[PDB]
Student: 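Quick one: structure below, then a few questions.
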Amino acid sequence: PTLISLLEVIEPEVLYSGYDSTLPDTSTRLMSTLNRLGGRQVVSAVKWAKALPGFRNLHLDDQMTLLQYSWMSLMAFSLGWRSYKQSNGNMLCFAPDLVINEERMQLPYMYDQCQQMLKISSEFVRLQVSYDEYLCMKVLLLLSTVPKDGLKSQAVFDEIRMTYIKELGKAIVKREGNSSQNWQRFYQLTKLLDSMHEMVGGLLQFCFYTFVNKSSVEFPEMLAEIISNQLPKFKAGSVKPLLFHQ
Amino acid sequence: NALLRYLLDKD
Ligand SMILES: C[C@@H]1C[C@H]2[C@@H]3CCC4=CC(=O)C=C[C@]4(C)[C@@]3(Cl)[C@@H](O)C[C@]2(C)[C@@]1(OC(=O)c1ccco1)C(=O)CCl
């Protein structure tokens, strides 16, 4: 009963948006449908995180902080994964009932943010990331953004990261079968993790903007609670993105 | 806040 096999079992099932393309296609409807889907996905992510060996050893405040700080990264990474598997990174596969065409991206209100999200999936395509590699990296993303003032249970947190860095090693081996150039693979995946801060930064920016200036878009309570809590901290520059390479 | 606190404690 390995750690990686447990990560396979606790991985949330792909959710359906219930998007109704019989209705008129508007910007407000799409972003509200995506927000509602996102709220539900975040709920699943909380359940997922609680089932990660080690996560519950952390102080409850640390648990909240990590989820509040990384939720967007987890969602965008998963979206990148789905899009890679479902269409080889050619389409944004938010849900099996909400798949965005190349032609549907050519709309002014969503071209820019779609291009940002496609870049993530194209990294999966470029690196031919395996399922176990993806799962290990996703854990590490949950553990990649912290407060500058630090954490309440730092030592536990440091041991968790250590545990899942090793698991990522196993995922690399399980895929390649013990090469002498596995260090290059590890380097490439840590570089991808690092670049997730930048690739997601512009997504959070547009999200925060939409939430504050209500440019009328609906946010479910799950997202509203995290965003409004997360908002003042980013503006204060109080968040520390952890990076493997300086 | 309250909703995240709930989800972490539940089950
Ligand atoms: C650009 C941001 C990033 C979006 C998330 C990316 C990650 C994500 C993946 C999902 O599968 C479902 C939901 C979210 C969590 C998204 Cl699509 C939505 O909440 C909606 C989010 C926040 C976002 O989405 C868009 O504007 C968007 C998506 C497609 C075209 O525009 C937004 O700011 C709306 Cl308020």
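Each chain gets a letter, A, B and so on, in the order the sequences are listed, and its residues count up from 1. If you check the header, you will see the structure was determined by X-ray crystallography, 2.5 Å. For the numbers below, each heavy atom of this structure counts, side chains included, while hydrogens, waters and symmetry mates do not. Both ligands and their constituent atoms are indexed starting at 1 by order of listing.
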Student: Please pick one of taprenepag, mometasone furoate, chlorhexidine as the drug found at ligand 1.
Tutor: mometasone furoate
Student: Quick check: main partner chain of mometasone furoate by heavy-atom contacts, named as in the PDB entry?
Tutor: Ancestral Glucocorticoid Receptor 2
Student: What other chains contribute a heavy atom less than 4.0 Å from an atom of mometasone furoate?
Tutor: A
Student: For mometasone furoate, does A/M117 get within less than 4.0 Å through its side chain, its backbone, both, or neither, judged by non-hydrogen atoms?
Tutor: side chain
Student: Can you help me find the covalent attachment of mometasone furoate? I need the residue and the atom.
Tutor: none
Student: Would A/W71 count as a polar contact of mometasone furoate, with the cut-off being nitrogen or oxygen pairs under 3.5 Å?
Tutor: no
Student: Counting heavy atoms only, which part of A/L34 comes closer than 4.0 Å to mometasone furoate: side chain, backbone, both or neither?
Tutor: both
Student: Can you tell which part of A/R82 has a heavy atom less than 4.0 Å from mometasone furoate: side chain, backbone, both or neither?
Tutor: side chain
Student: Which residues of other chains have a non-hydrogen atom closer than 4.0 Å to mometasone furoate?
Tutor: A/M31, A/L34, A/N35, A/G38, A/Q41, A/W71, A/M72, A/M75, A/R82, A/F94, A/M110, A/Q113, A/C114, A/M117, A/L203, A/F206, A/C207, A/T210, A/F219
